[PDB]
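To start, the structure under review is shown below, and the notes come after it.
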Amino acid sequence: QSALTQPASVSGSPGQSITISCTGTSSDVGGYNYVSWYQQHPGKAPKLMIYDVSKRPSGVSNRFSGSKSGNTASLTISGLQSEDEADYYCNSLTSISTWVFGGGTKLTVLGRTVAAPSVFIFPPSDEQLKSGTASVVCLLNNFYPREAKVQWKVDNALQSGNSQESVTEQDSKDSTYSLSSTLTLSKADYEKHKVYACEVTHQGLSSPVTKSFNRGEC
Amino acid sequence: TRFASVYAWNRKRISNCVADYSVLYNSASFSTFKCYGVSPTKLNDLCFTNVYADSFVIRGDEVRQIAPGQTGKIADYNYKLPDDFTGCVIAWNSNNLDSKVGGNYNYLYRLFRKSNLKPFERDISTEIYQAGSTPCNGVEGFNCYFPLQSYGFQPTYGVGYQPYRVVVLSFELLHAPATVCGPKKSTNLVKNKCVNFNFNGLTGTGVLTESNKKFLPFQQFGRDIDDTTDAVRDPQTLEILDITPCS
Amino acid sequence: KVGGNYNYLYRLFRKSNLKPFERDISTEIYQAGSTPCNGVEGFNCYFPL
Amino acid sequence: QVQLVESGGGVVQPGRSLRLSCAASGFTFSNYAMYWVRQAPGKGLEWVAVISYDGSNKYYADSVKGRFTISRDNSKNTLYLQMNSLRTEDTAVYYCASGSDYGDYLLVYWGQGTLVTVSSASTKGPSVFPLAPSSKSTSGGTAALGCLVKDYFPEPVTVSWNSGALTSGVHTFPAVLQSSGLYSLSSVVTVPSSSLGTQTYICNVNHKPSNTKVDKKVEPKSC
Ligand SMILES: *[C@@H]1O[C@H](CO)[C@@H](O[C@@H]2O[C@H](CO)[C@@H](O)[C@H](O)[C@H]2NC(C)=O)[C@H](O)[C@H]1NC(C)=O
């Protein structure tokens, strides 16, 4: 949809105060002061705790405040806590009489120290190769914060479009997260190349980590 | 949560109670407050035989019409006040509650009347109005229009359009004993010191002390043989006090 | 004058009534700050003249 | 508390008609306007058209305008959405919301939502492929092995491991839409080096819509 613009991500230690901005065209935001904000949690529907930019509904923390300026409105979350870790969305009413959601913003409250990912790579199964298709999987294990980036390389040459990434929810004890990336190839294309690799980048690592396997061995 | 549509404004009668106006003028939620011939703090000071309270819904621009010597659609057709109106007006914004996405047509206001309302005159008639040469006589059609109008309280409008809630109050003459008053002070008592005192209306100066005299349940203060005040009952704890003139 | 002469002003209210032949030029907004009204220097509580 | 429950999530071919509904309880549903909202896996929130308190007026966004229609029943405290011209991308989870005493233009109360599935395929079972442990995955005495799931119809599927009893850590990830119009996901388990070549590891995949289950074993490779 024609979503409102918001900053990508923010982070802070517990007890700190962070602000998230929501912007749009004059008709969307500047026209009226009805901006509202939403919060969602894993496995749950979104919840709305803002109205008229600044007002707080019932059953809402006292740590939410907001202000409007020009074509932009922002929400400030003081006293950051682990519960605040989520993706936040803003909504505003346009002069067209239609409601527009924002693109989203991800907030991190540093309840634990940074954890680097463990990286592993998987070749396609023999049975799948016998079927006639090849799929390669890369695994990121138990890292925090959640944000991560991955690259797929075949014969040390980058690949795109043929792979997708997925991420788990939070670990129940380590508070960390895991990510998976899967690359699909046809039998002829798999036979063409010999080396397959996946590369990982994370906040806590000084440089990306590369893992690879050779078809002559795997 | 059931504010009256302006065309059929409701009226509330208040009597025999302590009228605490302190919160009303202290509260900042009321966007507009106005008293004609009266002062806010004086309301707690004053007492009235009986007072009324009217309520209706109108948008911001129409709020300006609620006053003596004012005219307009609301003032003339819906709710009219006299020019000698000795009362106050209180209004506050209700945009979020009253406004509806497609316009709040649950609320109505009068567009037509055969004559302007006299002060405090009320009319909910719905006869189809004759807007032209045709003697409509209650039949819809060309130049035959429904006298009432439904409120278009859409959220996508400015402050002037947005709905407001209004409360208008007035008080009667002193044809009988008053029944509504502001709260009275209740200060801490003192004993064995020379003090000025005003218990209910009994005012005097003397040193106070609890004594053995046994008032009856209905008796408020004692009296001496020479007709000088000699004792008083404390109206908070109902304990019996004794009064001696300051040396 | 047409449109109303604004050169003449009167005191709308004061802390206490004036003493005989008392005169004052003190023109400061009556807010008193505090919880009841907007902090001093503010214009919420009308204007004296 | 005010509650909203969404119902009518179904499996349908593209273009064919479909219905979404949600019923309210605990408040004057007729007093307030109603909304619909849809969300895709791992993505944000998208808005859907609105209907007035009395249903006399409506406003639509172009992405759903014409395709979808909104109606309400004020006696049953229920809301409806009639849908046509669906697509594969329309596969998402839909919520409905309402205004309240806070404001008629607010999306105050939300229900748990319901899921809509659209694709051109018909009932089919899933296929599972193992990811064996190897020296590449083994590091510091800990090795990782997993299973991959091929497409199917309709959604959803889930994965489980014999490591559910062999309590070593397990990770599974939300499914992702493939070019075939069907979703796929991965499942992995971390195991120690000693167990390799001495203990069997098994992964199980479930597909309720066809009452189908698939098992797959993982055995170490010489790699
Ligand atoms: C007026 O109010 C005071 C304060 O609530 C009452 O004083 C209390 O009276 C009860 C007996 O009814 C005692 O048990 C309390 O200890 C008193 N507390 C205080 C702080 O005084 C008083 O009785 C009330 N009197 C009337 C006539 O209403």
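Residue numbers begin at 1 in each chain, while the letters A, B, ... track the order of the sequences. We read in the header that electron microscopy, 3.1 Å was used to get this structure. Any value given below was found using the heavy atoms of this structure, including those in side chains, with hydrogens, waters and symmetry copies removed. As a textbook-style caveat: the illustration shows part of the entry, and contacts are counted within that part alone.
Modeled at chains A and D is a drug that PDB records call REGN10987. Here, the chain sharing the greatest number of close atom pairs with REGN10987 is referred to in the PDB entry as Spike glycoprotein. By chain letter, the other chains having a heavy atom closer than 4.5 Å to REGN10987 are B. The non-hydrogen contacts of REGN10987 with chain B, all under 4.5 Å, involve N95(B), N96(B), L97(B), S99(B), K100(B), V101(B), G102(B), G103(B), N104(B), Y105(B), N106(B), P155(B), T156(B), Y157(B), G158(B), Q162(B).
Counting non-hydrogen atoms under 4.5 Å, the paratope of REGN10987 for chain B comprises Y32(A), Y34(A), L93(A), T94(A), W99(A), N31(D), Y32(D), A33(D), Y35(D), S52(D), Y53(D), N57(D), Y59(D), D101(D), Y102(D), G103(D), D104(D), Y105(D). According to the PDB, the organism given as the origin of chain B is Severe acute respiratory syndrome coronavirus 2.
By UniProt annotation, the domain of chain B supplying most contacts to REGN10987 is BetaCoV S1-CTD.
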